[PDB]
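Notes on a structure featuring itraconazole.
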Amino acid sequence: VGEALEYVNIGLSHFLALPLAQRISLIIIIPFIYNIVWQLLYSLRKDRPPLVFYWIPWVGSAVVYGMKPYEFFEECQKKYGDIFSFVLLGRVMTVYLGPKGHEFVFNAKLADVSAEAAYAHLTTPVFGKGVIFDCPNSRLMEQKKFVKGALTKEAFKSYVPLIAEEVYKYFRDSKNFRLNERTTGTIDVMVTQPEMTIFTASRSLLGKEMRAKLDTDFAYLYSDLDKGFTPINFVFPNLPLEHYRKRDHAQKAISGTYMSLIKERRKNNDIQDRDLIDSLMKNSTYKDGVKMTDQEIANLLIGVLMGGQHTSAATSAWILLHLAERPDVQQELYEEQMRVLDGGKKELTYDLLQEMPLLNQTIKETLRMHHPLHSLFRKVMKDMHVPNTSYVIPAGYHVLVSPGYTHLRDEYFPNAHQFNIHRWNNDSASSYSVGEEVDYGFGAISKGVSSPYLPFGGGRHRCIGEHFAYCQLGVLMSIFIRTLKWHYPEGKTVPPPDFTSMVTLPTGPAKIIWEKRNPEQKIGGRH
Ligand SMILES: CC[C@@H](C)n1ncn(-c2ccc(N3CCN(c4ccc(OC[C@H]5CO[C@](Cn6cncn6)(c6ccc(Cl)cc6Cl)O5)cc4)CC3)cc2)c1=O
Ligand code: HEM
């Protein structure tokens, strides 16, 4: 033994004096071997869900998960069942598939999991400090209440003509259309829909001043701010690169613009009930009496606009793309437009939108097939026992829930990969509570989150934008349908989703050909 302890020390010294051909070599093989040995040992544990095997330490299953998450989930599900873990760029993600996974993650106790700890590192640099995920959950809850206060039926009634005006202006003025000059053309929907989305959301939520800014070089700041909203920021949120500083600059410049308007509205006592800015100026005091600062108000405006931007733009792109190979659905939607709007003699209102079930069912079905967020995350803050299992998810893990995956399962939606708006006949609401409700601070929502359809998530982190999204999408698609027919270039069809971007937008270029339904129809107004 004595001799052995000596030769241990000796072996150590001979180890340190290896040629750096082998030292560099051992710098690679040692962690590689430890990783594989650690996994085999991990597999022996019965209080842990199975862990997907991976070859490269730290990286884990990043590539296959990033490129095709639903295919990844399906294969893991076949081998391991509904609960399994995988390593992702240094983190361990525990996936719980299906309605029980929805319950496990969306209805997890506040003490058990943290959304802000999963999300803040990306969003905070983009939006700014003090809001959304850069604050305690209790603060988020009331910010959602504040924002929801501008998103009432009365507001939607006033937004609908504004959104309509923006859509028509876009048809009139955008080079992508120019309907007074051209009767047919080709567009990339991932060019048109982001523009139509920011134009309509700006006009209605932010108001005319902020909409007008988008016709200036100021619009480039939004483009710059947009480039900070990228999944890689979950890993590298701050690097001394240029686009990171353009991001920081844009946030300052845009929030500064919002603050300028806010302070100006207050100076002139010009605070009314037009938009989300008026609403937050009038209603942004927390229940402990602390008021949101003008900066936090501006930051919250940025987050709300950015949130609504990507989910909605991707969704209307998908709607156009699915309908492009379905002239039968376009035809059916057009008949409904003619029926509800008296052949076009009626002006579209929010109330008439609610009487367009097939149009709303079209949005609903598109959100089924294209959940914009394929994976929602929480960081596990306290050890969690998985009910009816021996599994414990330890603090420091992340949990991953994927309702968009269940959207595409035949067991819950027959012929799930078929686009069929009629699967929602007599069920055209954006969603609803099938039972008991609870209020986390921003209104009563469904207590259960077991619905296999969950485009807007559930529990305390549930979306509050769904009715604004349907309003915006509804107005936009109503006008599209009444104005245009469209189809694919020969041999083109619905593109696959890009699962590596922030939302599951279509892989580009995603082009459709439009044609005026009334070649001679003119859009009035000056330009
Ligand atoms: C590196 C190699 C490469 C192959 N790779 N390897 C892995 N990946 C990858 C993995 C995962 C993902 N992502 C996609 C994005 N995703 C995600 C994005 C946003 C998100 O948002 C949830 C929260 C925060 O943002 C919002 C989004 N939102 C909700 N409604 C509207 N937007 C949010 C909520 C509230 C407010 Cl005010 C703003 C915002 Cl933005 O909710 C959650 C997940 C995580 C997985 C992407 C790429 C790769 O690309
Ligand atoms: C089709 C459109 C949209 C879809 C499918 C969608 C989806 C979602 C989902 C799944 C969540 C929960 C995320 C999680 O649990 O981690 C969420 C949260 C949220 N979304 Fe949306 N969203 C949409 C549009 C919007 C719009 C238009 C707005 C604002 C007007 C908005 C603002 C918010 C807010 C404030 C939250 C709460 C975040 C939290 O509490 O952590 N969303 N959304």
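For reference, positions follow the sequence shown, starting with 1. The figures that follow rest on heavy atoms only: side chains count, while hydrogens, waters and symmetry mates do not. Read the numbers this way: they start at 1 and go in the same order the structure lists the ligands and their atoms. According to its header, the structure was obtained by X-ray crystallography, 2.0 Å.
In this structure, the ligands or chains belonging to itraconazole are ligand 1.
Most heavy-atom contacts to itraconazole in this structure come from the chain listed in the PDB entry as Lanosterol 14-alpha demethylase. Heavy atoms of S501 come nearer than 4.0 angstrom to itraconazole in at least one pair. Using 4.0 Å as the cut-off, the other ligands and ions found near itraconazole are ligand 2 (protoporphyrin IX containing FE). In summary, the atoms of itraconazole found under 4.0 Å from a heavy atom of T311, numbered by their order in the structure, are 31 (C), 32 (N).
Every atom of itraconazole is numbered from 1 in the order shown, and the set under 4.0 Å from a heavy atom of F499 is 46 (C).
In this PDB entry, the source organism listed for chain A is Saccharomyces cerevisiae (strain YJM789). Close approach of itraconazole to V304 (heavy-atom distance below 4.0 Å) involves ligand atoms 37 (Cl).
Between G457, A62, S402, it is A62 that holds the heavy atom closest to atom 6 (N) of itraconazole.
Considering backbone and side-chain atoms together, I232 places no N or O closer than 3.5 Å to any N or O of itraconazole. Heavy-atom proximity to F133, at under 4.0 Å, picks out these atoms of itraconazole: 24 (C). Here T500 has heavy atoms under 4.0 Å from itraconazole in both its backbone and its side chain. Comparing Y65, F127, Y119 by heavy-atom distance to atom 23 (C) of itraconazole, the nearest is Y119.
For atom 26 (C) of itraconazole, no protein heavy-atom neighbour is found at a distance under 4.0 Å. Residue contacts with itraconazole: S375 is included, with a non-hydrogen atom under 4.0 Å away. Near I132, meaning under 4.0 Å from one of its heavy atoms, itraconazole places the atoms 37 (Cl). For atom 34 (C) of itraconazole, no protein non-hydrogen atom is found at a distance below 4.0 Å. Annotation for itraconazole: atoms under 4.0 Å from non-hydrogen atoms of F229 are 40 (Cl).
Counting heavy atoms under 4.0 Å, the binding site of itraconazole comprises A62, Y65, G66, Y119, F127, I132, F133, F229, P231, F234, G303, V304, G307, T311, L373, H374, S375, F377, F499, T500, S501, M502.
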